[PDB]
S.K.: 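Opened a PDB file with istaroxime bound to Sodium/potassium-transporting ATPase subunit alpha.
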Amino acid sequence: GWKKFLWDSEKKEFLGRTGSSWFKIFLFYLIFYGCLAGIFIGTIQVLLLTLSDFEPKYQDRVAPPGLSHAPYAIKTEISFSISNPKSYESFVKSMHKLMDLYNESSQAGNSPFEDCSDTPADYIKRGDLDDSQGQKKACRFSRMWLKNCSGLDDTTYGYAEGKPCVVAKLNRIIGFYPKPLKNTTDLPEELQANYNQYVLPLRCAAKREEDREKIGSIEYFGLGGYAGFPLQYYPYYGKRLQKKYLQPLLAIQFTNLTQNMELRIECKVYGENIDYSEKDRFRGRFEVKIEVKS
Amino acid sequence: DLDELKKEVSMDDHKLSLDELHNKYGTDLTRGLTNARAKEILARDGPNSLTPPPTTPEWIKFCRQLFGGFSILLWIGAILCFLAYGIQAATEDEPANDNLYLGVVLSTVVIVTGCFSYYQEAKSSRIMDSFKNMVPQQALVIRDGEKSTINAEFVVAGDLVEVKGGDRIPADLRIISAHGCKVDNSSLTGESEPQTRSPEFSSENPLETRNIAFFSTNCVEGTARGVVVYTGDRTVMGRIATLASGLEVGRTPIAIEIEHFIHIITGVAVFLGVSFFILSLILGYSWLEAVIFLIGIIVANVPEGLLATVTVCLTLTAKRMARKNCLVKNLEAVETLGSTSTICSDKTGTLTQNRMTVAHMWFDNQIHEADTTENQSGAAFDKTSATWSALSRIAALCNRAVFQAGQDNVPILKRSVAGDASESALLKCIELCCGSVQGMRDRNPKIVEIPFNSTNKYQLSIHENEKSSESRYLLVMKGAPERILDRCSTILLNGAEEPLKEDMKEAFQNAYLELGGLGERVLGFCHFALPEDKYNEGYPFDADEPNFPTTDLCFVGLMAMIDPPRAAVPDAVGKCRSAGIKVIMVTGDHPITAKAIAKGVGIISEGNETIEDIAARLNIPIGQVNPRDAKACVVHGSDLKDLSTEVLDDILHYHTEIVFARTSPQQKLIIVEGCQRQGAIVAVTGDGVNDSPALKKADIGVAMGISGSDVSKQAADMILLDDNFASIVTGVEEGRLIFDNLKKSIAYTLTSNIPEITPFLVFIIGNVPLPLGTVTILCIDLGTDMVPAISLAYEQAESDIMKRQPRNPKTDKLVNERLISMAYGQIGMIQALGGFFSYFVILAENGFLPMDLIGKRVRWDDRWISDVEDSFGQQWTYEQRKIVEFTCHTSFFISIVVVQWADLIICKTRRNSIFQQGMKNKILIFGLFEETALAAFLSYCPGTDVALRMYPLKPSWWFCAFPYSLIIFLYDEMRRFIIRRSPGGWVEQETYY
Amino acid sequence: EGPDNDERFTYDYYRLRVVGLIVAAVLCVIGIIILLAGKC
Ligand SMILES: *[C@@H]1O[C@H](CO[C@@H]2O[C@@H](C)[C@@H](O)[C@@H](O)[C@@H]2O)[C@@H](O[C@@H]2O[C@H](CO)[C@@H](O[C@@H]3O[C@H](CO[C@H]4O[C@H](CO)[C@@H](O)[C@H](O)[C@@H]4O)[C@@H](O)[C@H](O[C@H]4O[C@H](CO)[C@@H](O)[C@H](O)[C@@H]4O)[C@@H]3O)[C@H](O)[C@H]2NC(C)=O)[C@H](O)[C@H]1NC(C)=O
Ligand SMILES: *[C@@H]1O[C@H](CO[C@@H]2O[C@@H](C)[C@@H](O)[C@@H](O)[C@@H]2O)[C@@H](O[C@@H]2O[C@H](CO)[C@@H](O[C@@H]3O[C@H](CO)[C@@H](O)[C@H](O[C@H]4O[C@H](CO)[C@@H](O)[C@H](O)[C@@H]4O)[C@@H]3O)[C@H](O)[C@H]2NC(C)=O)[C@H](O)[C@H]1NC(C)=O
Ligand SMILES: CCCCCCCC/C=C\CCCCCCCC(=O)OC[C@H](COP(=O)(O)OCC[N+](C)(C)C)OC(=O)CCCCCCC/C=C\CCCCCCCC
Ligand SMILES: CCCCCCCC/C=C\CCCCCCCC(=O)OC[C@H](COP(=O)(O)OCC[N+](C)(C)C)OC(=O)CCCCCCC/C=C\CCCCCCCC
Ligand SMILES: CCCCCCCC/C=C\CCCCCCCC(=O)OC[C@H](COP(=O)(O)OCC[N+](C)(C)C)OC(=O)CCCCCCC/C=C\CCCCCCCC
Ligand SMILES: CCCCCCCC/C=C\CCCCCCCC(=O)OC[C@H](COP(=O)(O)OCC[N+](C)(C)C)OC(=O)CCCCCCC/C=C\CCCCCCCC
Ligand SMILES: CCCCCCCC/C=C\CCCCCCCC(=O)OC[C@H](COP(=O)(O)OCC[N+](C)(C)C)OC(=O)CCCCCCC/C=C\CCCCCCCC
Ligand SMILES: CCCCCCCC/C=C\CCCCCCCC(=O)OC[C@H](COP(=O)(O)OCC[N+](C)(C)C)OC(=O)CCCCCCC/C=C\CCCCCCCC
Ligand SMILES: CCCCCCCC/C=C\CCCCCCCC(=O)OC[C@H](COP(=O)(O)OCC[N+](C)(C)C)OC(=O)CCCCCCC/C=C\CCCCCCCC
Ligand SMILES: *[C@@H]1O[C@H](CO)[C@@H](O[C@@H]2O[C@H](CO)[C@@H](O)[C@H](O)[C@H]2NC(C)=O)[C@H](O)[C@H]1NC(C)=O
Ligand SMILES: CC(C)CCC[C@@H](C)[C@H]1CC[C@H]2[C@@H]3CC=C4C[C@@H](O)CC[C@]4(C)[C@H]3CC[C@]12C
Ligand SMILES: CC(C)CCC[C@@H](C)[C@H]1CC[C@H]2[C@@H]3CC=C4C[C@@H](O)CC[C@]4(C)[C@H]3CC[C@]12C
Ligand SMILES: C[C@]12CC/C(=N\OCCN)C[C@@H]1C(=O)C[C@@H]1[C@@H]2CC[C@]2(C)C(=O)CC[C@@H]12
Ligand SMILES: [Mg+2]
Ligand code: NA
C-alpha cells in the first residue's frame, strides 16, 4: 500500500498512472483554466467599457458628507502629557502630514493655481465635467490663514503647553455644492451672529451638559477669520479633472482646557444638504476625547 | 460467558438408562420429588426462565446519536471555532464575534440531527414493542405422587413432568413413558414434520434422538412423561440465545463510506491550511494571525449541512419500505440490501410455509395437481369426474379431525384444525373444493371405525349411504399405497369399474415413484359397497372379527401432500439471481427435502447436477467422477463438522448452487463467516431461533414477522411484518437507487465549497476587501441549499438498476477522485469566478475600480481612517465603505444561488441528458423556486441590514451571474455526451463519478 | 440643473423593496402551486 501506491516497478507507475497520463491531465487542466481566465477577462473588459472616467455612476452612498480631522486618534481620544515629549509625537506627525500638502512651494505659477477672493465668496463653475477644456483650475489655500496652528511658528502646533489644535476638514465629493442655512427665524442659537452666506459654519460644543463648564474657549481659525468653509472652493471636479486641488480647512484651538480630566467635545457643521446619522458618528459631525494630563 | 464453550456443538447424557438418569439427578420414576426437596433445588439454582436482555436507558442512546463519525467532525469544527475566538480576544481589541456565532451554529446542527435520528429509532422501537405478547404458562408436575399445575418459573431439575397434545414442553426433559406422543421440533431443530418422542434411544446426536423433549417445543398429539434434565438458561435454546447476545455487531458499508469520505475531506483541509500557513509566514504576517488563518481554512472546509441532508436522504427510503411492510430498526440498514451479493436463506419458515398441504392426486391413470398457495391463486384440477367425488367421500369420511370451534371468520387454509397434519391437509382440501365437510359428514352417519394400528397401518370405517335409492353400507379405508394395493382387485376408472390387471398395477407403481421422488408423502384411499343381503341394515358390525372383506376392495386413487413454499418465493429468488446475488440455502432439514425445495425455488437451477446424480446417471461409483463437472452441491451437516477452513473456501469458490443441509445453528454461523472471509456482503433471511446466531453475524439480518421467533426477531436488523418474500427484491432495488442518489447529492453539496473559500484566500493573498461574509456562508450551507439536496433523493432510475452486476466493494467507492475533480475542480471554480465577477461589478459601479482595490485591506479595515480615496478622488468614511462591502456579500450569495440552479440541473443526472430523463421531479422544481424566494426575502425585508447585515440590491446586479450558469449547463451537457457516445474513454475514467 | 441638482444623490429604495417583495411572494406561491399540483 504505502510503498506500492507511490512507486511500483512492473507497470512503471508513479502515484497511480504512467508517464503519459499525468501529461494528459495536466494539459487538459491547462487548456480548461486558460479558457476560464480568458472568459473572465473578456467579461471584465466589457465592464471597463461600461464606466466613465470623469464621474462615478452612483453617488448615493456618499450624499451626506463626513467631518474628519488632522490628528489620528485610535479611539477618538487625545491624551498626552505636557512634560514627556514622546507622548504627543503621534499627533504632531499626523498634523504635519496633513499641512505638508498646503506648502506654498507646491502652489506656484498660473497653472494650475489661481488667486481667489481673500474673503469668502460664492461658487465657481469651471464648466462641465468634460475634457474639452484642459485641466481645470483650483483656488489656492495658504497655510498662514490658520493663525496659531500652522507648524510654521510653533512646529508642535500647541501640544507643547496645554493648548492643542484640531484641523477639521469636509469630505471631498464630486459635484457637491455646500448650502448653508438661511437667515429665517428658525436657525440654531450659535449661528445667528456673523451670517456670511458664503460660509459653511462649524461649531464645537460639549456632549454632556456638565462638561460645558470644564471646557474653556474654543477659538476657531479659518478663511476670513470665520468659523467655516468658504463656498468658493467648490465644487470639486474629481482627481482626473482637477489634480493639484486643495480643500479648505478649519483650525480649532481648545484654549483653557481643564487639566487631568477626560473631556468629550462634539464638533458639528450646519447646512441644508448636510444630515447626520445615529449609526455613523462621522457624518457631518465628529467626536474627540481630549485629556491634557500633566 | 465463555464463548468457545458456547460455540461448541451441544453434548448430552441421552445415551443412558432410566435408572442411571434417576441415579444422577435423583428422582422417583413413580412418585417424583418431594415438595421440600423441590423447593430446596428451586432456591439452589434458579427458576426455569430465560434471563432478560441487557436493558438500555434513553439518555445512553441519545448520547450515541449525538456522536459517531460525521457528528464528531462537526464537533471538532465547533471546538476549533471557539479556540480561534479565545485567541482573537486575548490578542486584539474589538474582536469580531464571527467565530463564536459559527461555533454555536455548528453545535446546534449536531444536536438537531441527533434528535431526529434518535426519534426515528425510537418510533421503530415502540412499534416493535407492540409484538411481544407473553401470556404466563403453567406446567404439570408430579410431586409426592400427585399431579399439580404450577407456573413455568417453578419447575426444577429432577421432578416429574407430564405433557399432553397441545401444551408446550417446559424445560429439557428425558422421556420415560410416552403414548403416541409427537412433537414439533421446527423452531429449534428445523424438522418440518412431527417427530415421535419415544422413551427408547435411537441416535448418537441428541437433536435426533426421541427420548429428549426440548424447551419451547410443543406436543402436537399424544401424552408423555419425563424427568427434567436441563432447566433455565442452561437449556439448549438458552445457550443459543446467550450466544446470540454475546456476538459483535459489525460496521455497515454506508458507515465505512462516510468514514473514507471524512478522510478525504480532512486531507484536503489540513493540506490547504498548513500550506497557506507557511505562505502567510513567508509574506510577513505574524504567527498569531497565521494560526487563525489555519483554523479558519480548516473549519471552512467542512460540509455542515451534509449531515442533515444525508440523514433525511436515508430516512426517506425507509418510509417507503415501511409502506410495503418492511421495517428497519436502525437507519443505515436500508442501504445494506442493495450492496448484498450473497444471500444465505433458511428453508423452514422462510423459504416455505411450514404447513402441510395436499400437492398431487392420482385418479383415472392420471396425475393431477392442486393449488398449494396461500391466497389460492392458481389452476383448478378438473372437478368434473365421478372418481373425484368418490375420492372426496373417502377422504372426507375416513378422517377424524374437525376445525376448531369459532373459526367461521378466518380463511379455509389459515384456520386451526385439531388432529394430525395429514388429516388436516385432507380436511382442508375437501373443505376447499367440496364445500362444508360438516354436512358431508352428517350426510353419512359413521357406524363402526377401526383406528390406526401400528401393524394394520390402515384406517377404515363403515357409514350409511345417503343414496335415497340405495340403503346399502359404505366401507372406506386409507393407508400406505403398498398395503392398500395388496387389498384391491378393481379400479374406479372414469366412474365405471375395471379389473386390476398388471397394466394399471405398473401405472400405479410409476405413479407411486413419481409422487415419492417429488419429496412428497403419498397415501391411498379406497372403498367398497357392502352387500346389504349378507349384511342387512340391522346387523351390527362390532369391531372384533372379520366382518368386512379386507381384500376385493375398490381402489380409487392416491393422495400426496407436502409443505409448499410461499407465493412470491420463486419470483423473488429469480429476481435476486438476476441481480447477480448468489443464493445459498442453509437449513437444518433433511437433504432429500432441502434439495427438492431448492430446485423448486430456483437455488438449484433445473439442469445442473450433483456428483451423486452423475454417478447414478452413469451407474459408476462416486469416487471416480471429477467434482469440477458439478455446478451444484449438497453439503451435509455431519460432513460439515469434519471440514477445514480451506475446504469451505473451495466449496464456496467452485460451486455456484450450494445447499447446506442438516446444519446446526453454530454451523450456520460458521457458513456466514466462511462467506465473509472472502470479501462479500451477506444477508441472512430466517425465522426461528436456530437463525439467531446467523442473523446477528451476517451483514444484515431479515427476520420473519408473523412466523418468526422472538429471539431471532430481537437479534435481526430488518423485520418483514407481512412475511412477504418479494420485499427482498424491493429492498435490493431501493438500496441501489438511494446509492446513486447519495452520490448526486454529495457532489451538489460539495460544489459550493470553492465559491465559499476562494474569497478568503484572495483576501489574504491579494489584500482585497473581504468578498464573502460569514452570515452569508451560513445562509447558503444551512439555508437555500438544504431543500435541493433533499430533493435529489426523489430521482428515478436512468437505466435498469435490476440488471447491472453488484458493485465491487474494493474498487467502486461512494466518493472517489472523479467527484472531487468535478465539484472542487471544474464546477466550483466557475461558480467562484462568477461570484468574484459580481463583486468587482458592485465595487466598480460605486467608485472603486479593480486597479485601486489591490492593497487596500489595511486601510479598508482600519476603523479610524475617515478619508479613503477611491479611483475618482472621493473621500469615503468607514461605515460608508463597510455598507458597500456588505452589499457585495449579499450579491455574492445571490450569485451562488444563480450558479446553483445550473449545478442542481447538471447534478440531477449523472450520465443521461436532461431532454431524455425529464424534469418530472416536482420537488426539485419547488426547491429552485424556494431557493430564489428565500434570497429575495433575506435581501428586501426591512431591518435585515441591522439584524443580518444584508442590504438591498439594484435590479441590474442580479444579472451578473447568468452567463456563468448557462456556461456551466453547456459544459456539463457536452460532458455527459462523450461518455454516452464513447464508452470507456477518457471522459469516463476521468469525470464519471 | 446646476445648484439644485439634489436628485443626483437620491434613490427610491422604498419602491425597490416593495417590488422585490411582491415578486418574492409570487415566486413562493407558484412554488407551492407546483408542489401541491397533483394531490388534488
Ligand atoms: C513643507 O515645509 C516644511 C517646512 O519648511 C520650512 O519652513 C518653510 C516656511 C520654508 O522656510 C522652508 O524653506 C523650510 O524648510 C518642510 O519640512 C522641513 O524640511 C527640512 C529639510 O529636511 C527640515 O530641516 C531639518 O531639520 C532637522 C531637525 O528637525 C527638528 O525639528 C522638526 C520640526 O521642525 C522635527 O520634526 C525633528 O524631529 C527635529 O526635532 C535637522 O536635523 C536637519 O538637518 C539637516 O540639515 C542640516 C543643515 O541645516 C545638515 O547639516 C544635516 O546633515 C541634515 O541634512 C534639517 O535641518 C525641517 O525640519 C522640516 N520642517 C518640519 C516642520 O518638519 C517640508 O519638507 C515641506 N514639504 C513639501 C512637500 O514641500
Ligand atoms: C441676518 O439677520 C439678522 C437679524 O434680522 C432680523 O431678524 C430676522 C429673523 C428677520 O426678522 C429680519 O427682518 C430682522 O431684521 C440681521 O441683523 C439684524 O440687523 C438689525 C439692523 O441693524 C439689528 O437691529 C438693531 O437692533 C439694535 C439693538 O439691538 C438697535 O439699536 C439698532 O438700531 C438701528 O436701527 C434703527 C432703526 O430700527 C436706527 O434708528 C438706528 O440708527 C440703527 O441703525 C437696530 O434696530 C438686529 O439687532 C440684527 N440682528 C442681530 C441678531 O444682530 C443680519 O444683518 C442679517 N444678515 C444678513 C447678511 O442679511
Ligand atoms: C488563492 C489561490 C486559491 C487556491 C484554492 C485551492 C483550492 C483547492 C482545490 C482542490 C484541492 C486539491 C487537493 C488534492 C485533491 C486530490 C484528491 C485525492 O487525493 O483523492 C483521493 C484519491 C483516492 O481515490 P480512490 O479512492 O478512487 O482510490 C482508489 C485506489 N485503489 C482502488 C486502487 C486502492 O487519491 C488519489 O487520487 C491519489 C493522490 C493524488 C494526489 C495528486 C496531487 C496533485 C496536487 C497538486 C499538483 C500541483 C502541480 C502543479 C504544477 C503542474 C505542472 C505545470
Ligand atoms: C441566460 C440564463 C441562463 C440560466 C441558466 C440556468 C438554467 C436552469 C433553469 C431552467 C433550465 C430549463 C431546461 C429546460 C429543459 C426542458 C427539457 C424537456 O422539456 O424535456 C422533455 C421531457 C421529456 O418527456 P418524455 O418524452 O420523457 O415523456 C414521456 C411521457 N410518456 C411516458 C407518457 C410517454 O418532458 C418532461 O420532462 C415533462 C414535462 C416537464 C416540463 C418542465 C417545465 C419546467 C422547466 C423549468 C422550470 C423553471 C425553473 C426556473 C428556476 C427559476 C426560479 C426563479
Ligand atoms: C408553508 C409555510 C410558509 C411560511 C412562510 C413564512 C414567511 C414569513 C414572512 C415574513 C416574516 C419575516 C419576519 C418579519 C420581520 C419584521 C421586522 C420589521 O418589521 O422590522 C421593522 C423595524 C425597522 O424599523 P426602522 O426602519 O425604523 O429601523 C431603522 C434602523 N436604523 C435607522 C438604525 C438603521 O425593525 C427593527 O427596528 C428591528 C429589526 C428586527 C429584525 C427582525 C428580523 C428577524 C431576523 C432573522 C429571522 C429571519 C429568518 C428567516 C426565516 C425564513 C422563513 C421562510
Ligand atoms: C427552513 C428555511 C430556514 C431559512 C432560515 C435561514 C437560516 C439562517 C442560518 C444562519 C443564520 C444565523 C446566524 C445568527 C446571526 C446573529 C447575529 C448577531 O447576533 O449579531 C449581533 C448584533 C450586534 O451587531 P453590532 O455589533 O454591529 O451592534 C452594534 C450596536 N451599537 C453600535 C449601536 C452599539 O446584534 C443584533 O444584530 C441585534 C438583533 C439580533 C438579531 C438576531 C437574529 C437571529 C437570526 C436567526 C436565528 C434563528 C434562525 C433559526 C432558523 C434555522 C433554520 C434551519
Ligand atoms: C466562465 C466559465 C467558462 C468555462 C468554459 C470551459 C470551456 C473549456 C472546455 C473544454 C476545453 C478542454 C479541452 C481539453 C483537450 C485536451 C485533452 C486531451 O488531451 O484529451 C486526450 C483525449 C484523447 O485520448 P484517448 O481517449 O483517445 O486515449 C485513451 C487514454 N485513456 C485510456 C486514458 C482514456 O481526448 C479525448 O478523449 C477527447 C475529449 C475532449 C474533451 C471534450 C470536453 C468538452 C467540454 C466543454 C466544451 C464545451 C464548451 C461550451 C461553452 C459554451 C460557452 C457559451
Ligand atoms: C420556463 C421558466 C419560467 C420561469 C418564469 C419565472 C417568473 C418570472 C417572474 C417575474 C419576472 C418579471 C419581473 C418584472 C418586474 C418589473 C418591475 C419594474 O418596474 O422593474 C423596473 C426595472 C428598472 O430598474 P431601474 O434601475 O432602471 O430603475 C429604478 C428606478 N427607481 C429605483 C428610481 C424607481 O427593470 C427591471 O427590474 C427588469 C425586470 C427583469 C426583466 C425580465 C427579463 C426576462 C428575461 C428572460 C425571459 C425571456 C422570455 C422570452 C419568451 C420566450 C417564449 C417562448
Ligand atoms: C397559500 C397562499 C400564500 C400567500 C401568502 C401571501 C403573503 C403576502 C405576500 C406579499 C406581502 C407584501 C408585503 C409588502 C410589504 C412592504 C413593506 C415595505 O416596503 O417596507 C419598506 C419600509 C422600509 O423602508 P426604509 O426607508 O427603511 O428603507 C431603507 C432606506 N435606507 C436604508 C437607505 C435609509 O417599511 C417601513 O418603513 C415599515 C415596515 C413595517 C414592517 C412591514 C413588514 C414586511 C415584512 C415581511 C412581509 C413580506 C412577506 C412576503 C412573502 C415572502 C415569502 C418568502
Ligand atoms: C480659564 O479658566 C480659569 C479657571 O481654570 C479662569 O480663571 C479663574 O477665574 C476664577 C474667577 O471666576 C478665579 O477664582 C480663579 O482663581 C481663576 N483661575 C485661574 C487659574 O486663573 C479663567 O477666567 C478662564 N479664562 C478664560 C479666557 O476662559
Ligand atoms: C471562448 C474563449 C476561449 C475566448 C477567450 C478569448 C480571450 C483570449 C479574449 C476575450 C477578450 C480579450 C481581451 C479584450 C480586450 C483586451 C484589451 C486590450 O487593450 C489588450 C487585449 C485584451 C486584454 C484582450 C485579450 C484577449 C481576450 C481576453
Ligand atoms: C428559468 C429562467 C430562464 C428564469 C430566469 C428568471 C430571472 C430572469 C428572474 C428570477 C428572479 C427575478 C428577480 C426577482 C426580484 C427582482 C427585484 C425587483 O425589484 C427587480 C427585478 C428582480 C431583480 C427580478 C429580475 C428577474 C429575475 C432575476
Ligand atoms: C473563515 C470564516 C469562518 C469559517 C467560514 N466558513 O465556515 C463554514 C464551514 N463550511 C468562512 C469564514 C470567513 O470566510 C470569514 C472568516 C471566518 C473566520 C474569522 C475570520 C477569518 C475573521 O476573523 C475575518 C474573516 C473571518
Ligand atoms: Mg426456520
Ligand atoms: Na447486523
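Within every chain, numbering begins at 1; the chains are lettered A, B, ... in the order of the sequence lines, protein sequences first and strands thereafter. As the structure lists them, so they are numbered: ligands from 1, and atoms in each ligand from 1. The figures that follow rest on heavy atoms only: side chains count, while hydrogens, waters and symmetry mates do not. For this deposited structure, the header notes the method as electron microscopy, 3.4 Å.
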S.K.: Is it possible to name all ligands or chains that make up istaroxime, including repeats?
M.R.: ligand 13
S.K.: OK, heavy-atom distances under 4.0 Å: which other chains does that catch around istaroxime (ligand 13)?
M.R.: B
S.K.: Can you check which residues touch istaroxime (ligand 13) if I set the heavy-atom cut-off to 4.0 Å?
M.R.: B:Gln88, B:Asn99, B:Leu102, B:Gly296, B:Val299, B:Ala300, B:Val302, B:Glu304, B:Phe760, B:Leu772, B:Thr774, B:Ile777
